[PDB]
Each structure stands twice: as C-alpha cells, then as structure tokens.
> 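Below is a structure containing sulindac. Please help me interpret it.
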Amino acid sequence: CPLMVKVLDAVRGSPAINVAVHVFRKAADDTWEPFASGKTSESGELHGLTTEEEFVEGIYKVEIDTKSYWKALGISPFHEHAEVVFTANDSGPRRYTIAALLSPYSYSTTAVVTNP
Amino acid sequence: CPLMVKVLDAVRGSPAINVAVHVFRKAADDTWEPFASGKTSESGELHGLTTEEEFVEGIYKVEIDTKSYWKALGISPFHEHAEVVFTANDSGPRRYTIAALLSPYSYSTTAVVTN
Amino acid sequence: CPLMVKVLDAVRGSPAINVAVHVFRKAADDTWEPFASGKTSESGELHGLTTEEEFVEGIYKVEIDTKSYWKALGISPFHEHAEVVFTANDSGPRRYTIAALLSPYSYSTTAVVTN
Amino acid sequence: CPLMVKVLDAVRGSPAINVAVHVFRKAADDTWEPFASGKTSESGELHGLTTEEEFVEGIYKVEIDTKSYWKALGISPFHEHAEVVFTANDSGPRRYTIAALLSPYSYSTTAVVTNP
Ligand SMILES: CC1=C(CC(=O)O)c2cc(F)ccc2/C1=C\c1ccc([S@](C)=O)cc1
Ligand SMILES: CC1=C(CC(=O)O)c2cc(F)ccc2/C1=C\c1ccc([S@](C)=O)cc1
C-alpha cells in the first residue's frame, strides 16, 4: 500500500467516512489520467488505492471529494475538493500517506512520506 | 477587492513573500481559464486580483506555487503547488480571502468570506 | 502593536468575532500572570494588547477562549480553550501575530513574526 | 487505549518521533495534576498513556513537547509546546486521539473522539 489517504472531520472530531478520493497521474501529454479512486472507510482511511507495481514515478493528484462529504452531512462547504498534487517516487518508491483534515471552510493536507 | 489571497509560511513564521498565485475560472467546457495572478507582497498578501465586476459566480481555482516558494528558500517541498478550488456564490457574504499556511509537506487553506 | 492575535473560524469561514483572548506572561515562580486580554474584533483581530515597552522578552501564553466561542454559535466544542505558549525573543523580527484557525474539534495556530 | 497522541512533522513529512507528551488532569483544587506521559514512537504515535480504568472524567491537558522536538532537530521553534485541553468522558468513556501536526512556527491539534 504505497499510497494511503486519511481524512478527518474537524467539526465532528471523527474520521471523515465515505469520502470519495480520486487519484490522477499526469500523463505524457500533460493531462491528468485517472489513476485510482476509492472511498474512505469508517476509520477515515483509504487503503489499497494502488500497488507498488502500479505506483510508478509520476506527478499525482489526489482529489478528495470534500464537497460531497459536507453536502451529505447537510453542510454547504466552501471548497469543491481538497486536491494534493505531488511528484511521487522521484528518488525511488516511497509510501505516501496523504492526511487531510476537513472543516466546512478549510482543509489541510499533510503528507507522510516513508521509505519502505 | 472581492478576492484576496494571503499566504503564510509555517516554517519561518512569516508571510510567504513573492509566492506566485494564479487564479482560474472554470470555463463551460470544464477547463480552467486564467483569470488573475500575482505574487504575494511582503505581507504575504495578494490584492487587486480582480474587481467586483469581473468576479462573477463560478468555480475558481487558486493555484499557489508553493513549490517555487520552497525551492527559493532552499527547502525541499512535497506538493507541486497548493490548489484551492471553490464556488464563488453571490448569495450572502461576498469578499473572499483565501488564506493558506504553507509547510514543506503540508498546506492548509481557509476561506474567510465576509461583507 | 508588538503582539496581535487573529482568529478565524474554519466552520463558518469568517473571522472569529468576540473571542476572548487572555495573554499571560510567565512569572519567575513559573506561574502565569495576566498580562493583557481583549475580544477579537469583527475582523477576528485583537489589537492593542500591549505596547513595545510592556512586551519584554519572556514566555507568553495566549489563551483563546475557543469553547465560549463555539458555545455562542451553538456548536459543540472539543477543547476547553486554545493555548498558545511561546518565547518572545528580542533578537531579530519583533512584531508577533498569533494566528489561530478554529474548528470545533481542531485548532491550528501559527506565528507570524515580522519587522 | 482510551487516549492516544499522534504527532506528524509537516517540515519533514514524517511522523514526529520521540516527542515528549505530558498529560495532566485538572484536580479538585483546580491545579494540573500529572496524569501520564510518554514519547511518540517511530510512527509518531503514543499509545498506552492510560487505561480505561484510569482515564476517568476530567479536564485533561495534553502537552506535546514540540520545543524539544524542534531543538533536537537543530531548529528554533516558536512555540514552547502544543497543549490541548479538553473535558474527557463527560457523556461516558470515549477514545480520544489527539493528532498534532508540527511546523517550526505552527501547530494544529485535532481530536478524534470515538465511542468504543
Ligand atoms: C494566511 C492566514 C491568515 C491571515 C492573517 O494572519 O492575517 C490567518 C489568520 C488566522 F487567524 C488563522 C489562519 C490564517 C492563515 C492561514 C492558515 C492558518 C492555519 C490553517 S489550519 C492549520 O488549516 C490554515 C490556514
Ligand atoms: C488524517 C490525519 C491523521 C491520522 C493519522 O495520520 O494517523 C493525523 C495524525 C497526526 F498526528 C496529525 C495530523 C493528522 C491528520 C490530518 C491533519 C491534521 C491537521 C492538519 S493541520 C490543520 O495543517 C493537517 C492534516
């Protein structure tokens, strides 16, 4: 599991559950190609987005669907999404945890990059 | 000044100065159209991006070139940039401050929407 | 204005207005001594807490009554308050902005230390 | 493990390892009484601070020694510490995760409160 996404809800102080996460990889033609997607679990975690084999060097965009998340909670959020864009694996494979904290009008994303 | 961007540096505890910021508006074909840009001032602020007349409802993207900022400081950044995407809604409150706090491996953004 | 506190609300996307802020200085006996306090203005800012003369080097605590703020909004808060503790050092940069972003179950604070 | 502390380093994009964490509980006399303390592990996590039996209702202060953490990394940080103060267990036992993200001049703390 080289790429994991963890989402917390700062309003409820809970995992942000059932958050849609779309991962894209910048293609040769500089377009975003869909790479992987998934939903955060009850732990606010999204595991198994990709594999060591599939998660090659690239510029990746992780788009966290914070908007749908807040709407489903009956809240009108400010942001369309939380999107983290980074070069991955440029000095060899790393494991990346994208940790996002969500408020209706604010998010932060932190990356935990570890060398397997 | 309907749209303001303020950027702070969490590492140096300062405004994030000379950070390139590009604003895009989502065009009908779902592409991002350059709308406005600038560099944050010495207060880490970027004013005069747009005017009330130009700042119509729509989906906006505020792309903060965090990576160049960190490179300029000789600090290894994680993100390619910070991208803040939001719907400008005329409804109520109408001046938007997009606040960003930058760390090499983390960024946070908040919207201050006021009258 | 050597010490400024700015507070934002991450839930409402606004300045956190009328937030009580108490500043303490660590006394020699390691107790916190009331130093300054105020309520954030409508810009979520609290100015005029102290003066250059009164703001000597030392350890300061900025206690933001986040709990009363959230209760006033009818929102259930986690923290009792937000406590920002730091050393004011004369050395270099010398105006301190203590920025706080409040969520019910989260707060963040950043220091903007400038000239 | 009703109380856990997780600390990340936003500069290095890593767990904040060997971070001293002191937990205090407000006593009857309104003083802070030492409750528990520990160090974050290599995962930036601090488990086993307390027990279900020991972690009674109270106002607790979790003081994360961010200053020593940054100093040990040769960085001069702004804050003396990151200290989270909260009423715990007021509607029965909860599990509390105090998640802190550290930068030299900034921290955030989020609470993940779950009902066992
Ligand atoms: C640019 C900026 C400002 C402007 C100013 O200081 O005048 C600000 C003011 C506050 F009261 C709180 C946060 C901010 C901010 C960026 C920011 C800080 C923390 C977070 S949290 C960690 O998600 C997010 C964004
Ligand atoms: C999802 C998440 C976790 C879960 C985990 O890593 O186990 C976490 C753990 C920490 F020790 C610190 C932060 C986080 C986090 C998101 C996050 C929180 C605050 C900020 S501040 C507001 O910039 C940014 C991101």
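The sequence lines are taken in order and lettered A, B, and onward as chains. Throughout, chain A uses the PDB entry numbering, with the displayed residues spanning 10-125 in order. Throughout, chain B uses the PDB entry numbering, with the displayed residues spanning 10-124 in order. Heads up, chain C uses the PDB entry numbers, so what you see runs 10-124. Chain D is numbered as in the PDB entry; the shown residues are, in order, 10-125. Every number for a ligand or one of its atoms is a count from 1 in the order of the listing. Quick note: numbers below take in every heavy atom, side chains included, and nothing from hydrogens, waters or symmetry partners.
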> I'm trying to find sulindac in this model - which ligands or chains should I look at?
ligands 1 and 2
> What's the chief binding partner of sulindac (ligand 1) here? Just the name from UniProt is fine.
Transthyretin
> What other chains come closer than 4.0 Å to sulindac (ligand 1) by at least one heavy atom?
A, B, C
> Tell me, which protein residue and heavy-atom name are nearest atom 17 (C) of sulindac (ligand 1), and how many Å apart are they?
B:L110 CB, 3.4 Å
> Checking a contact table here: which protein heavy atom is nearest atom 12 (C) of sulindac (ligand 1), and how many Å away?
C:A109 O, 3.2 Å
> Give the residue and atom name of whichever protein heavy atom lies nearest to atom 14 (C) of sulindac (ligand 1), and the separation in Å to one decimal.
C:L17 CD1, 3.9 Å
> So which protein heavy atom does atom 21 (S) of sulindac (ligand 1) come closest to, and at what separation?
C:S117 OG, 2.9 Å
> Within a distance under 4.0 Å of any heavy atom of B:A108, pick out the atoms of sulindac (ligand 1) and give their elements.
1 (C), 2 (C), 15 (C), 16 (C)
> If you take the nearest heavy atom of each of B:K15, C:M13, C:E54, which one is closest to atom 6 (O) of sulindac (ligand 1)?
B:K15
> I'm comparing sulindac (ligand 1) with the natural ligand. Which residues that UniProt lists as binding L-thyroxine in chain B have a heavy atom under 4.0 Å from the drug?
B:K15, B:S117
> Just wondering, does anything else (ligand or ion) get under 4.0 Å from sulindac (ligand 1)?
ligand 2 (sulindac)
> I'm curious which residues sit within 4.0 Å of sulindac (ligand 1), going by heavy atoms - can you tell me?
A:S115, B:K15, B:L17, B:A108, B:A109, B:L110, B:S117, B:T119, C:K15, C:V16, C:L17, C:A108, C:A109, C:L110, C:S117, C:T119
> Identify all pairs of nitrogen or oxygen atoms, one from sulindac (ligand 1) and one from the protein, separated by less than 3.5 Å, and list them with distances.
from	atom 1	to	atom 2	distance (Å)
sulindac (ligand 1)	23 (O)	B:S117	OG	3.0

